[PDB]
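Accompanying notes for the structure given below.
Per chain, numbering begins at 1; letters A, B, ... match sequence-line order. Just the heavy atoms: all of them, side chains too, but no hydrogens, waters or symmetry mates, feed the values below. Whatever order the structure lists ligands and atoms in, that order sets their numbers, starting from 1.
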Amino acid sequence: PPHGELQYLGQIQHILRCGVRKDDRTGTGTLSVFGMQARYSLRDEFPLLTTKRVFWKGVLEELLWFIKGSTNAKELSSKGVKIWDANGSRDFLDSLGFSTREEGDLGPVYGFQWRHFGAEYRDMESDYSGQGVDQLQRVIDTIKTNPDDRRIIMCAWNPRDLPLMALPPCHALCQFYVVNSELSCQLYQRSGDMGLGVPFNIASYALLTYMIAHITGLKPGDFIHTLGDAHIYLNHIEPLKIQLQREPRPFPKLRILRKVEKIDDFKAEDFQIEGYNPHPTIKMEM
Amino acid sequence: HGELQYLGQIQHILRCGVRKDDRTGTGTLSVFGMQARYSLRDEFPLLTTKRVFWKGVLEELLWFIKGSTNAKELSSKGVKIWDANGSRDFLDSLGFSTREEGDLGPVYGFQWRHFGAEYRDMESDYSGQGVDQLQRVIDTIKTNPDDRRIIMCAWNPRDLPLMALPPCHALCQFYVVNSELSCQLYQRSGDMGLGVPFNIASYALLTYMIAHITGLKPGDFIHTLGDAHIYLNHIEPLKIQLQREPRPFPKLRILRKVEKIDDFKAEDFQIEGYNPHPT
Ligand SMILES: Cc1nc(=O)c2cc(CN(C)c3ccc(C(=O)N[C@@H](CCC(=O)O)C(=O)O)s3)ccc2[nH]1
Ligand SMILES: Cc1nc(=O)c2cc(CN(C)c3ccc(C(=O)N[C@@H](CCC(=O)O)C(=O)O)s3)ccc2[nH]1
Ligand SMILES: O=c1ccn([C@H]2C[C@H](O)[C@@H](COP(=O)(O)O)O2)c(=O)[nH]1
Ligand SMILES: O=c1ccn([C@H]2C[C@H](O)[C@@H](COP(=O)(O)O)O2)c(=O)[nH]1
C-alpha cells in the first residue's frame, strides 16, 4: 500500500501545475489553490515527513504549551522553540496597535481558546481558572462517555476575540470521530504554507490524536487534513522542487513511554520518535 | 458532470463505509473525511438524480440572513424543516421550560450576525450587538480579496448549551482570485440521503448572492465533510438513485440589481431548466 507522504507531495505538484498567482501582505506572492484534502494513516506509524526534516521538538513543546492554555510566546521561546516569537515581538505588536501590551503576549489564541473559550481575555499572565468553556477536556470526556457522537469539536475561531490576536488562527477547528475503537481527527486549516507550516501542522494534530487516543484507551486511526487556501510562496518554489526529487523513506513510529491518566500530565520526556530518517533540511524562510 | 462527485461519495460510503451507531438508534454506514468540488460557472448545483427542496433552500437562507432563530417564522413560509426542534416537547427535553415555542436559541442566524452577543430570546433586539460576520465577509471581499481570513463561523462553544440543535455547518470560508468567488463549507456531519444535497444548494446559493453583491463571478463550491453517512434504512432507495443518469445542472438567474445582502427577496431568484428525476 502506498506511502502517506505521497499525498502531501501530490498536493505540492498540484499547486505547481494548477496554482494561480495571488498576492499577500508581505508582497512576496504565492501560487495558490483553494480546497484540498489529504488522509494520513496513524495505524502503527506517525506522519512526520521524511522528504524534509520537520522540527519535532517544536511540534511537541508547542502542543504542550497549547495544552497548558498559554498564550505567552516567551514561555515557548524559553524552551528553544522560536516559532511564535516574531508575532510576539515589541515591533509586530506595535504594528497592530497593541502599544500597551507586554512582549510575548499573543492574545487570545489557541491555548486560551482551547481551555477558556468565550472568557474575557485580559493579559497572558492573568488567572482564568473556571472561566469559559474547556473544549479540550469536553472533547476527552465525550470520547470516553459517548464515542458515536458527531459533535466532538474543538474551535479556535472566535470572531469576538479576533481583533485582540497577534495572528488569527490557521487551524480554525478540528473534529474527532470514533469507530471500532479507533480515534480519528480532521483539521480545517483555513490557510496553509505548504513549505513551512503544513508539515509541522500535520505533525501537531497527529500528535494530539495520539495523546487523546492514549488517555481514552483507543487506537489511533486516520488524520484528515483539509485546507482552505493551500499555497506556496514564490521564493519557496525552488526549494520545493528539490524536495519533490526525493523518494520518501518510511514513516517513524511514536512510542509513549508511560501510562498518563489526564492530558495536563503529559511531559516532553514521555514521547519518543523511533526510526525517523529524514533527508537533509532545506531552509524555507518566512 | 459535477453531480458525479456526490454520487461517487455515495458509492464510496457503500463500498468502504463502516457500521456505526448514532443518537437516533437507527445505525449508519459512515466514512470520516470527504471532500467534493462543484463548479458554479454558468451552472447551479441543484441535484438532478433526486429532487431537492429548492423552496426550502431559498427561504431558509433568507431566514438565516435576517438573523432569525424563530422556527415559526420559517414555518410560516411553508418550510417545516426546523419545526420538530422548536416544539414544546423537544424544548423541554433540553430543559428550556421557560422558552417560547419555535425558539431554537442562538443558532445560524444569530451567529452570522451577532456572534458573541448575549442571547436572550428569539424576539429580542440585538442591533449593533456582537460581530456581524456576514457583513464583515462582504466588506472584506470588496476591500481586500486576497485575504485568507474571510470566514463565517456558527460553532460557538459558549452558546452550545443554549441551542436546540448544534450546527452541522460549523464554518465556511471564501476565497477570491481572478474575479471568481469560491466557498468552502466544513460540515461536521452529513446525511447523504436527505440533508447533503439541500446543504450543497444552500451554500451554492449564498455564494451566488455574495458574488452578485461584490461584482464577482461565482467560482467553485467545496464541500468538506466530517462524518459522511448513510442511514441503514436509506441504503435500498440510494442504490436506486445511483442507477439514474444525471441530467445537466440548471442555471440560477438573479432578476434584479441588489446592493445589500439584506435586500434579497425570494422573488429575485429563478431556477432555469431544472429537470430532476421523480423521487
Ligand atoms: C508565511 C508564514 N508565516 C508565518 O508566520 C508562519 C507561522 C507558522 C507558525 N508555525 C507553527 C511555525 C513557524 C515556523 C516553523 C518552523 O518549522 N521553524 C523551524 C524552521 C525549519 C525550516 O526552516 O524548515 C525553525 O524554528 O527553525 S513552524 C508557520 C508557518 C508560517 N508561514
Ligand atoms: C437523519 C436526519 N435527521 C434530521 O433530523 C435531519 C435534519 C435536517 C435539517 N434539514 C436541513 C432538512 C430537513 C428536511 C429536509 C427536506 O428537504 N425534506 C423534503 C424531502 C423529503 C424526502 O425526500 O423524503 C421535504 O419535506 O419536502 S432538509 C437534515 C437532515 C437530517 N437527517
Ligand atoms: O500554524 C500555522 C501558522 C501559519 N501558517 C501560515 C499560512 C500563511 O502563509 C500564513 C498565515 O497568514 P494569513 O493566512 O493569516 O495571512 O502563515 C501555517 O501554514 N501554519
Ligand atoms: O443541515 C443539515 C442538518 C442535519 N443533517 C444531519 C446529519 C445527521 O444525520 C443529523 C444530525 O445529527 P447529529 O450529527 O446532530 O447528531 O442530521 C444534515 O445532513 N444537514
task: Provide the recorded name of the drug at ligand 2.
output: raltitrexed
query: At the binding site of raltitrexed (ligand 2), which chain contributes the most contacts (name from the PDB entry)?
result: Thymidylate synthase
Chain letters near raltitrexed (ligand 2) (heavy atom < 4.0 Å): B
query: What are the identity and heavy-atom distance (to 1 Å) of the UniProt active-site residue in chain B nearest to raltitrexed (ligand 2)?
result: B/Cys168, 7 Å
- prompt: Do any UniProt dUMP-binding residues in chain B place a non-hydrogen atom less than 4.0 Å from raltitrexed (ligand 2), and if so, which?
  reply: B/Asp191, B/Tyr231
task: List the source organism for chain B per the PDB.
output: Homo sapiens
task: Write out the binding site of raltitrexed (ligand 2) as chain and residue number, heavy atoms closer than 4.0 Å.
output: B/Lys50, B/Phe53, B/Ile81, B/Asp191, B/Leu194, B/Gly195, B/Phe198, B/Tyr231
